[PDB]
**Student:** 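This is the structure I have questions about; it appears just below.
Alphabetical chain letters, starting from A, follow the order of the sequence lines given. Numbering, chain A: per the PDB entry, residues 3-127 in sequence. We number chain B the same way the PDB entry does; the residues here are 1-219, in that order. What you see of chain C is 1-218, where the numbers are those given in the PDB entry. Residue numbering in chain D adheres to the PDB entry, whereby the residues present occupy positions 51-61, 83-209 in order. Per deposition record, X-ray crystallography, 1.9 Å.
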Amino acid sequence: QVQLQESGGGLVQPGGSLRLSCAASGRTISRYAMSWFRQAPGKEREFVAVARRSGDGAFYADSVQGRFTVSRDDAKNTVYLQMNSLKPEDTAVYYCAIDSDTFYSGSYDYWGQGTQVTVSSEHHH
Amino acid sequence: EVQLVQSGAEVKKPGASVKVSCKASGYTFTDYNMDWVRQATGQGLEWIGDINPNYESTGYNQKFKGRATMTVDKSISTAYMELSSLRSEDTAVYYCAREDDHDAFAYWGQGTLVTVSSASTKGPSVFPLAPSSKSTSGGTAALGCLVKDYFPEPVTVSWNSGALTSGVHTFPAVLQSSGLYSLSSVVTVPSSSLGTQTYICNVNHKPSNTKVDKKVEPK
Amino acid sequence: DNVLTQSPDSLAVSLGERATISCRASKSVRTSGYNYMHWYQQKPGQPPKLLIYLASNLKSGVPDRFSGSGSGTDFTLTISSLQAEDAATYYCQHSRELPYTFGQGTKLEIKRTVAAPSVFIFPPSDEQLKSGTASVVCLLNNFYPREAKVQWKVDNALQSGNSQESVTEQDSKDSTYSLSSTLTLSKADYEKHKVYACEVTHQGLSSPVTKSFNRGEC
Amino acid sequence: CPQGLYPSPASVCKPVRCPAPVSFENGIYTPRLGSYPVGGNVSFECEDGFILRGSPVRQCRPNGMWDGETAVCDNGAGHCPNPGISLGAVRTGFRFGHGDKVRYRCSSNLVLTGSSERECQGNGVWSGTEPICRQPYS
Ligand SMILES: *[C@@H]1O[C@H](CO[C@@H]2O[C@@H](C)[C@@H](O)[C@@H](O)[C@@H]2O)[C@@H](O)[C@H](O)[C@H]1NC(C)=O
Ligand SMILES: [Ca+2]
Ligand SMILES: [Cl-]
């Protein structure tokens, strides 16, 4: 029974940068890949990035390659998503999920409730 | 300019013996040992032993328990490896390999497949993997051939006598519990071609001297 | 015997970037001022090719983006700028004593973006069914990375022990993989059931996807 | 041919090579090659319980001969020392008590120089001299 909690959402302007964090409790996640997904309203949930075990690499979706970076702090039981060069189409609820399969087949059995990222000029002066 | 040329593939029952040859050219044969190395398919490399052609003296990996015997014929610049009391776990590609002055394997034969199994040589049955709405995505459709129940490896699969190459995926064979191999070859084509264009998979199994052409068409 | 352990067992590197592979020997391979460790490249269908001898010396004709370092029990092979022709399995080998032994191999592949599989399914042919056997084939096309799970269901009952799967090598054009899973049943079992399905899991999928057919058009 | 090469005819000039050990009892040698280049070295090591006598590292010289003294791993339980096996030679006899003999022969096409047979004398010494296998050339 793993519990995940995302944080770091907020309002950011186009071209801006933002860092999300996903903290795990109830299990050490160092053995497991951790993935980020996102869901915009009226669209299906989209893969963003995966941080495999330290030394096994990070992999990205085409839509975010070059702009987003996933990393992990195994001591803190936390994974991160650094986002740069943000676009309005990046507006979404961002979710983290743990891959229960240590052989990396993508058995995503536990998910966080998500954190909202809104890319907009409306609240920046 | 150095070349090591090995004898061809072998198929053996358990308990039998096999003798692989390795013809050397392009250097003075007695300047160097000849070594033998094997590799089980998908697995790592295992040194078997060596022979000094000057003396016909030998060294062996103890793990082979004296089952391996190496000899040479200096008059034809050929080394031989004989492995007796064969087991299924001796199924592998066998290489002759020649050291350089740093004791690294600078030169390698092409490899010799030795298959050890109670199975007997048998050509494949070839069945169509018909295109349908369940193999369609966008304007493209997948179709294929299932090449089932042959022994030993290998089989070669072509499409339209080699006239079709783009989009082909021929999968590695799997060994079934029967001791016979099976593989599939698939190809992605335009959905609009399926009414006008014929698709034929050409299967060649040289160990049984079998050739089978199967026309794959929609259901 | 000296045991050579390579790490990682596999790695994905982007074109142009540095790739580093390690080899740790259980016993030192250093004697007489030389490190008797050598590195090889192997591609499918070919014997290994010597790249580096005595830990750090490039064999003639090998590109100089390859280099080796280390001494004693610790060694590394480095490709300073990965090129498409460098995708291969790499092996270390010692020549300190007999038996000569090799590392287990490190598979170096080309990194690309994640791609979830396209999933297709094929019923058995009528010709095969006449012979008493039914093979049902599930095809996962053009996905990345390689790791995936296929599970078969027959009339919504999970299957086990009656399927085998096989994966291609990385595609030369788009650097993806494809996978086939084959479910084998008797004719009698195939004709007793209606719905044949393969469920597919992959790190690029938020939920498993299922592809299925209903025996006899529908 | 110049130094370090020998003619294929009596007169292409092929490189000289020093002979490898036919065997090396109760030890190993590194690198383990079929023959050795001029300037190359071979290093000898003994198993547990044995004494390494002779030269532990030997270099191949331009006339096809090794420098130093023949290496041997000798446990020491004999009236005479282990006489060893000169590189290129074969030795029959695995006893070194008083009166026991050993016979030598050069394998391949090497030329034997020295005593083909030796006897373990009473004072803990081998009779005659040590055979040395020369290349046919030079
Ligand atoms: C062979 O050895 C010659 C003598 O060098 C000594 O022995 C070697 C084994 C090392 O321990 C070295 O440090 C010693 O000084 C060398 O002059 C000669 O170059 C060596 N040949 C090689 C290494 O190919
Ligand atoms: Ca060698
Ligand atoms: Cl990593």
**Student:** For chains B and C, which of the listed compounds (CR6261, ARGX-117, REGN3470, 3BNC117) is correct?
**Tutor:**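 The right pick is ARGX-117.
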**Student:** Just trying to sort out this structure - which chain has the greatest number of contacts to ARGX-117 (chains B and C), name per the PDB entry?
**Tutor:**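 Greatest contact count: Complement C2b fragment.
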**Student:** Heavy-atom contacts under 4.5 Å: which other chains make them with ARGX-117 (chains B and C)?
**Tutor:** A, D
**Student:** Please list, by number, the residues of chain D that come within 4.5 Å of ARGX-117 (chains B and C) (heavy atoms).
**Tutor:**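 Sure - with heavy atoms under 4.5 Å, it's D:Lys85, D:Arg88, D:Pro90, D:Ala91, D:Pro92, D:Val93, D:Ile99, D:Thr101, D:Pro102, D:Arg103, D:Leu104, D:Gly105, D:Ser106, D:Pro108, D:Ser114, D:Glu116, D:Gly159, D:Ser178, D:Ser179, D:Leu181.
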**Student:** By chain and number, what are the paratope residues of ARGX-117 (chains B and C) relative to chain D with a heavy-atom cut-off of 4.5 Å?
**Tutor:** B:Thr28, B:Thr30, B:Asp31, B:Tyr32, B:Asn33, B:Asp50, B:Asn52, B:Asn54, B:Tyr55, B:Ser57, B:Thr58, B:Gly59, B:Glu99, B:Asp100, B:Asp101, B:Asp103, C:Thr31, C:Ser32, C:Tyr36, C:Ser95, C:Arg96, C:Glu97, C:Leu98, C:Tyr100
**Student:** State what the entry calls chain A.
**Tutor:**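 It's listed in the entry as nanobody specific for kappa light chain of Fab.
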**Student:** Which of the UniProt domains in chain D holds the largest share of residues touching ARGX-117 (chains B and C)?
**Tutor:**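 That would be UniProt domain Sushi 2.
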**Student:** Show me, pair by pair, the donor and acceptor atoms from chain D and chain B (ARGX-117) that are under 3.5 Å apart.
**Tutor:**
residue  : atom : partner  : partner atom : Å
D:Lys85  : NZ   : B:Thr28  : OG1          : 3.0
D:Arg88  : NH1  : B:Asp101 : OD1          : 3.3
D:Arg88  : NH1  : B:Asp101 : OD2          : 3.0
D:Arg88  : NH2  : B:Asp101 : OD1          : 2.8
D:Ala91  : O    : B:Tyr55  : OH           : 2.8
D:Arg103 : N    : B:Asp103 : OD2          : 3.2
D:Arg103 : NE   : B:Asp50  : OD2          : 2.8
D:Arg103 : NH2  : B:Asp50  : OD1          : 3.1
D:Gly105 : N    : B:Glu99  : OE2          : 2.8
D:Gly105 : O    : B:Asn52  : ND2          : 3.2
D:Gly105 : O    : B:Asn54  : ND2          : 3.4
D:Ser106 : N    : B:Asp31  : O            : 3.2
D:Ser106 : OG   : B:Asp31  : O            : 2.6

**Student:** Name given in the entry to chain C?
**Tutor:** ARGX-117 Fab light chain
